[PDB]
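Quick look at a structure containing bortezomib (bound form).
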Amino acid sequence: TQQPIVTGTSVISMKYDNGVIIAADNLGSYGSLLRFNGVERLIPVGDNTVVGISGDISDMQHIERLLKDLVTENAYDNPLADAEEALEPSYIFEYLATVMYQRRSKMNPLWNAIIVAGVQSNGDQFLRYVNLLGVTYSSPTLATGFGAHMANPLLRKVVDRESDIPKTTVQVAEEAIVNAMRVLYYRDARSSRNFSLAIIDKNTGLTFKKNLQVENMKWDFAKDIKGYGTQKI
Amino acid sequence: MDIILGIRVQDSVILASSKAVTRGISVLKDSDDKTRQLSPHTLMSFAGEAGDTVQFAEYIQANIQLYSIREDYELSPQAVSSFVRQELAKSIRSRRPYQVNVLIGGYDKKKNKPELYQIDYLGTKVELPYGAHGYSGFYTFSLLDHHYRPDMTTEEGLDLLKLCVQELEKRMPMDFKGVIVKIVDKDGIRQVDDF
Amino acid sequence: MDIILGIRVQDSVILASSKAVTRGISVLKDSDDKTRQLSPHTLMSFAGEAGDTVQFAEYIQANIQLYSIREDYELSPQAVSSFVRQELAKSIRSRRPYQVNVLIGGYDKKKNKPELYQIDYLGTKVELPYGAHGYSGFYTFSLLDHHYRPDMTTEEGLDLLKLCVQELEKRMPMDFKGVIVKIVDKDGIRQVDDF
Amino acid sequence: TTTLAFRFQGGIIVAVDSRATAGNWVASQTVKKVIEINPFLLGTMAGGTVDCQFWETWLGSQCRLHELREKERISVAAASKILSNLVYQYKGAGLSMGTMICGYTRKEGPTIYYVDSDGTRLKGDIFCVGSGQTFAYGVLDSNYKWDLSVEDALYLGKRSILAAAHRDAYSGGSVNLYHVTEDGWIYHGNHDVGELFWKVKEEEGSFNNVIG
Amino acid sequence: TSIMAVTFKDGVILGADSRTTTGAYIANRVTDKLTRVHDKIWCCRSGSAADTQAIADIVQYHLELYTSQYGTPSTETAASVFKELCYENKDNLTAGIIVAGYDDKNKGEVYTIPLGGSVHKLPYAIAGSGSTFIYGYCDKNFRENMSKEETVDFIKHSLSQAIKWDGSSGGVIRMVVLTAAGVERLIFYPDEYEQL
Amino acid sequence: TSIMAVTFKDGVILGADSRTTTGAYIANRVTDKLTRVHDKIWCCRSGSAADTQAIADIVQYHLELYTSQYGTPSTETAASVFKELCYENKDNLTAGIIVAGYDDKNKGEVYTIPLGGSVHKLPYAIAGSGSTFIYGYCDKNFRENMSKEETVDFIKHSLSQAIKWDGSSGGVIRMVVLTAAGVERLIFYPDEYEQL
Amino acid sequence: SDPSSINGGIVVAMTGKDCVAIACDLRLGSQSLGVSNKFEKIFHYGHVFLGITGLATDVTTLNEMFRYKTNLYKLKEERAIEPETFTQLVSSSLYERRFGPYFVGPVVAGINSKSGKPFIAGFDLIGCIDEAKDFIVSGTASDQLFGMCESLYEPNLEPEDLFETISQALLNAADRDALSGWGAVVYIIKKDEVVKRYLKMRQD
Amino acid sequence: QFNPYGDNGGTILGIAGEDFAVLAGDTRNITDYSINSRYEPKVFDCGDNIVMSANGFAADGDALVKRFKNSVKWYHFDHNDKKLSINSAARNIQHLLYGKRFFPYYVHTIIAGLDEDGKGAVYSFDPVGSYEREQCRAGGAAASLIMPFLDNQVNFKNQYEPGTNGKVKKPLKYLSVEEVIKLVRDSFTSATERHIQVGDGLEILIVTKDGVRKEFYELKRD
Amino acid sequence: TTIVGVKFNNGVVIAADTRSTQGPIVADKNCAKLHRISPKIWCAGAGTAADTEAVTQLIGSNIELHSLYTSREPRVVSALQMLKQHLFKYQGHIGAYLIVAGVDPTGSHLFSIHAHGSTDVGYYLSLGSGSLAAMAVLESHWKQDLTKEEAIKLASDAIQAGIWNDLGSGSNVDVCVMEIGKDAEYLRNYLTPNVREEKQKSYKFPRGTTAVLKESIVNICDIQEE
Ligand SMILES: *[B]([O])([O])[C]([C][C]([C])[C])[N]C(=O)[C]([C]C1=[C][C]=[C][C]=[C]1)[N]C(=O)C1=[C]N=[C][C]=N1
Ligand SMILES: *[B]([O])([O])[C]([C][C]([C])[C])[N]C(=O)[C]([C]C1=[C][C]=[C][C]=[C]1)[N]C(=O)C1=[C]N=[C][C]=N1
Ligand SMILES: *[B]([O])([O])[C]([C][C]([C])[C])[N]C(=O)[C]([C]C1=[C][C]=[C][C]=[C]1)[N]C(=O)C1=[C]N=[C][C]=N1
Ligand SMILES: *[B]([O])([O])[C]([C][C]([C])[C])[N]C(=O)[C]([C]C1=[C][C]=[C][C]=[C]1)[N]C(=O)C1=[C]N=[C][C]=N1
Ligand SMILES: [Cl-]
Ligand SMILES: [Cl-]
Ligand SMILES: [Mg+2]
Ligand SMILES: [Mg+2]
Ligand SMILES: [Mg+2]
Ligand SMILES: [Mg+2]
């Protein structure tokens, strides 16, 4: 049993017709102090998987090292390491899910919420969640922390059920994700303007976008707001 | 205090109440009468926290005696029981509530019927053929459920009461030093001196 | 369990132990023998937490019986008491200690003397003319302090023991359902079937 | 829960209720609170559900192994002590058990052992265990004799559970009866309390307090 | 919360962020923490929103009644009325208030009233959770008798840093200028102050 | 505690106060918080004195044994050994360590290791109770590729403010310069840095 | 410890075609101990019926209180109080004890004498009005009652059909609750006749 | 302090027919007042004509189902591909649960299938391993809403025959698979209305001698 | 609970869902959360339901007396001030979280109120357990100079976000539009996207199915003449 010290906030994601999108801001908070401003919380595994992590950063860095070691180990005595016997999103997830549940069962959890986004060998979209308790679930849209409360409602308006996935293009999906990140910046007190975004497509592969910023923000209406009720000046 | 029982038969109400008073480690007394006569045809037994029991019982007694003198008339058991309930229902939301449970056995001279009322410290009133407070009911109710019939005589009621006390003396951990038994009927209140 | 007494007279040791077993609200049994024969001339009574008492007593019994067979010899009461003390003194610093108090009454055939040892669950041993565990001593020791004389006969010891039990039955709140009395002397161990 | 067992002329009567509760919620009215350890041995169930189920089935495995090894029926004393010694190992860990181990052998005759999760092991003639034990004791103590017929002994057990089922909120559902002789136990049916109450009330003249 | 008041040559300027939080949720991103208790006596509020509003409403009432009887109150007087409420009700209040005002006789004045209910007259004052991160900056960069433009830059840069590091601070930077000329409201948006 | 490490053109400089406190009592006013785990790999210590000493002693042992087998270790390697101890023993440790070192290949590097046991490579790092008061100042005044004299002034001014505001910080300002030229110790007394 | 589940009990109400029904169990207990099988929880003031679950002393106290208030109402107004008006009186009376409340779950049922419209309403312990079209539930087996009513109920049931529906809703809910049962009563209410039926149920 | 348990909501329902058995469960997964997934399968085909669901804490639920599926696999390896009977599967599950008696799988488990006589069978488990064969059982969040309805409409409790007035009970006539599915759908529709953790979708698994069939129905998504 | 308020060109609109819950159980499926303080001042309430009702009635009553005393139509700031001071006095124990809106001779207004007595001004606001789902929609689609039709659409969409995504909210959408120089229109059940489907079976019982012990006529009439 511990307490999280340096923490990362929301990770958000969704499926679209040819793949999956995932995103997370670049902040490492120390309580209310916005301590570290250059923290990458999306970690790619090969060219077909991106693992997005929230919660304790020291535990994130440990998981990052486990995944790095997983790639090394898979290559050992494996002539098809870059082909048929490459690491799948489903393999990477199940491994993490096993570790997370084992650690909670020893009363010494990895204090995180994780989303594994990727595309499988047969082109199928993979998107599944796991957290410190070992709880797992899948959905057309997935989000952690504040994203669960604010991002999902917006993303579910695009893809409300399974049959909405083929009808959703990559442009429409990315637009929705970027909008959700703006909303989170308006409303989450432990978020930052800077974020990373990753697209995993069955045709165009893995596109990893760094140093993105929230833009087109509405603040002008603030000038008209005066006092808390009766004040006019 | 500990065990208080009540049973209503054809033409009377019978109340049985333990004699023991225990202050923690020792039994200070083995002849204590846990009852007060409220009016000539109404008797109240009681059990609860020390001090509060007698204080409450005597306070009720004084109030009913005052009513009797003012109106030159005896209140019905139903009326007395309602007064007692209200006092306890008032008490439960006070600064320091009366921690007292009571049984009210009375003979209504107007209707020519015996009546038994069970009231707990919260002010929860029920009219019953037979009743008890505390753990007494846990041992005795199964016997009363089997044997009570509503046309019993007073002698049959005492025999069924003896069977209850015998079960209590067999299965209860505490020695309650026997019971004082009192009968309430058309002629008033009397004590059974050999039980 | 509840009350265990012991008294050493001229030529014997007498142990008295209650018969009741109570599981919270009900008295499950009224004929329980809270004692074990460790050897032909050594008897141990016991009282403490449920389960632990019998488990400990039988464990000691097995060990003394093993010693007797191995050496073809009966250990002295003093030796048995020291073994028992050490087991309890070991127990008190264990993960889960034996919550058991004991009296060891024995007749030493070498010295031709009766001997009574009182040991609590901590492993606190004392040799006494008369002893008790729990609240039993609070009622009985004043009577024993007055009447006890060490040249007492076994019949005088039983009479003084009756006076103790009568005081317990008068002033204790709990009904312990009487006592089983056993005598330890040069001829061995026997039970007084009428008490 | 209300479970009882008593010794008499014809052997042992065992009677239990059927109710299981989680708080005020009635989880089940069809619980088998008697465990058939073998054709000759019965165990009652009271306290926490699984503990008594699990360890009394386990007890049956130990008894079977005993008589395979020793070529002889296990005594009630030995069977009860296997269970009591086992639970004593778990003392403190939080097991919740109150049970009667009932049997009939040549050397012992009809025997009942109260076994307890605090380690208690008591031999006796009459035992009632559970939240409604006090209600059942009342009927038993006043009507119990050694010279009871198997028919009358069965009814007394049935009636004593009914008494508790009525008053105790955490007892009810139905009554399971068993009769234990030397040649083995004999099941005497499931009796719904809903039907049994009205039947007994009418035929026996009892429960005049209740309207029917 | 990041709030501050700074005296300068022509008077005094109050500055504040616009973020109100319920834990990590921003309940209001465009809050007005600069509040008016008299024509040229304003205050900055930190701590409980309910408490500081209740206090500010009572003070405005007191000063309105003072004005009707004895004419315009001093800034010191306003600070004393704030203190009296904060001190006497210290056990039940969570309020950190900065009082700033402009007289013609006394010119620009700043009084800070921390949790206890004590009063401290200062050349400039900082308060709120975000103030901790700018003690170093403000101490090094404050000068007395600055110009209006310099003081606006000092507050803008200071609160910019406080917002950058404190999660409880954010949104727009509001300011209120108090001089002989009158009362001027200023607003500065994230795109402006983040690139500083 | 007020500690910091800053990379610059010629390498890296570590800086620290000298105050150790048991509550409000200053148990040692001339403490050396800049400690050596290798010739040109040093660290700044904050948190428990016992824990950070125990850790630093173990790290020095590990790097001494590394050197005997594999030659001079990198700064990254040293930071990893610190991390491994702090992360794996997070439940029993209270240690906030900054690791700073000079290679010829990698030049000056700074790694900060906060409570959790995470690692963060940065151009400069601040830590300790007193660091809270200089986030604003340091962010506004840090530049990359500063000179030795500029970096000494940056650290001296920064820790001066941290000391001024934090009760847990005080005494002398110690510094350790790490360059190709070697290892230089600097000390600055209260009469010097208080008047800044 | 929890005041609302010391004594136990349930009440349920339903609307039908030109009629309403209200029903309750008869149990009063002291936790596990069953004390009385004749503790009726439905009372009536004129044509307005009130069921009350929860702590029994408060059930009795409130009945006496509303009898008191509806009697004064009638003397002053020169007419019987209507269900809609009585509902507001219950709410007002409960809320005045906001920070020292009666631990109860009241249920109002009746037909407006002028409009002929069937009316039911429920409350929490502190006055909030739940005015449902279909049904209202209250007591220690309210979850069970919600499940029964939600499946068994259909609108515009005739009086004799509505009786069967509400009776089966109560009985089967009570049998899944340890602190409810020991008898039951059902009131069928029409504009100018009210029938009261005691139900035969298991007594455990 | 770290809390190793959580509550993922959901509700499940098992009903045993004369020559069939159904195990149903909603597809909604939640924490607190948020929806995690509107379609997260909860009832699983475990092989050997056995269906299983472990409702409550989903992490423990998944772990248990995973270990039982594993147990079926090794039962085949160790005992010459013998079919694991429903009664044997039940006893095995008790030991899986009791193995963690002092750190329990926080779930309400239900399995369904056919017994060795071909008749419908349902078994029900508490978190610590106590089990019992049943004709009817609901588990999880809205179990208290559903069970009373099933006592009335499956076992005809408190129902009697018209004209006799309480003397003659309604006879316990057998229900078809079409009749059971109707009662399952109405049970979940009703539960969805009054329980916030129930909704989104209903997935039913039907077990007959022919094998395991699936049916899916929409539920209200609010 | 999801409640919102949205300013527009010539007035203000408020909306709310219709679900009330005791723990995880739905107590009422069609609850009314839009309260009338005065003819053209309405507020929506979240939190403890008895409190939002009671505090609205009390202030609404005093507002009516104040309006009669002054011979003026009531103002939103008056309702705001009276509500906040009442709630502050009770130190948060009266659990009423309100969105207060209306039109008066001063113009159109929109405020929020929390239980401890703090107030906030805004063009768009949301309160309750589904406020985060609603606020997400508001932050995505709100603009300056909304029309009446656009504001109603935005308000109901924000409630829908709460209905679908928040377990504390559900059922229907209630709306109330308050435009300047017009009567306030209260649109009860403006949307109904949660009608229950037909059941598979009818559960109407055969008459005589339930066992009866006794029957009797209840005397509801008064004591009779003659
Ligand atoms: B009986 O009432 O003791 C009964 C016996 C058990 C073997 C079925 N116990 C229970 O029903 C207990 C509750 C209880 C009531 C009274 C005394 C002791 C215990 N039930 C549970 O422990 C339980 C736990 N989880 C789910 C359901 N029931
Ligand atoms: B600021 O962060 O101190 C701010 C000033 C306030 C006057 C608007 N306070 C708040 O945001 C407080 C919480 C708080 C944060 C940090 C320190 C102290 C207090 N918020 C509230 O009082 C609040 C939050 N949600 C609703 C209503 N009020
Ligand atoms: B600094 O203030 O963090 C300092 C650094 C240490 C390595 C010399 N720590 C201390 O002075 C600590 C107390 C402390 C103060 C502030 C934050 C965390 C810890 N002191 C000690 O560990 C200490 C005190 N007295 C004797 C021995 N050790
Ligand atoms: B919403 O979720 O804020 C909603 C708004 C209310 C005005 C209808 N709140 C409720 O429904 C509250 C939730 C709550 C539960 C427990 C304590 C406090 C608040 N419900 C009730 O007020 C309620 C519950 N049951 C009956 C009556 N009222
Ligand atoms: Cl504010
Ligand atoms: Cl040191
Ligand atoms: Mg001793
Ligand atoms: Mg019962
Ligand atoms: Mg200092
Ligand atoms: Mg919803």
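Every chain is numbered from 1 and lettered A, B, ... according to where its sequence line falls, protein lines coming before strand lines. Method on record in the header is X-ray crystallography, 2.9 Å. Quick note: numbers below take in every heavy atom, side chains included, and nothing from hydrogens, waters or symmetry partners. Numbering of ligands and ligand atoms starts at 1, following listing order. Excerpt of entry shown; contacts counted in excerpt.
- Counting every copy, the structure places bortezomib (bound form) at ligands 1, 2, 3 and 4.
- In the deposited model, most contacts to bortezomib (bound form, ligand 4) involve the chain that the PDB entry calls Proteasome subunit beta type-2.
- Other chains with one or more heavy atoms under 4.0 Å from any atom of bortezomib (bound form, ligand 4): G, I.
- In the PDB entry, the name given to chain G is Proteasome subunit beta type-3.
- The deposited structure shows a covalent link between bortezomib (bound form, ligand 4) and I:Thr1 OG1.
- Of the UniProt active-site residues in chain I, the closest to bortezomib (bound form, ligand 4) by non-hydrogen distance (1 Å) is I:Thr1, 1 Å.
- Checking distances below 4.0 Å from bortezomib (bound form, ligand 4) gives no other ligands or ions.
- The binding site of bortezomib (bound form, ligand 4), defined by non-hydrogen atoms within 4.0 Å, is formed by G:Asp124, G:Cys128, I:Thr1, I:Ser20, I:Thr21, I:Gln22, I:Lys33, I:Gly45, I:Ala46, I:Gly47, I:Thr48, I:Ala49, I:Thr52.
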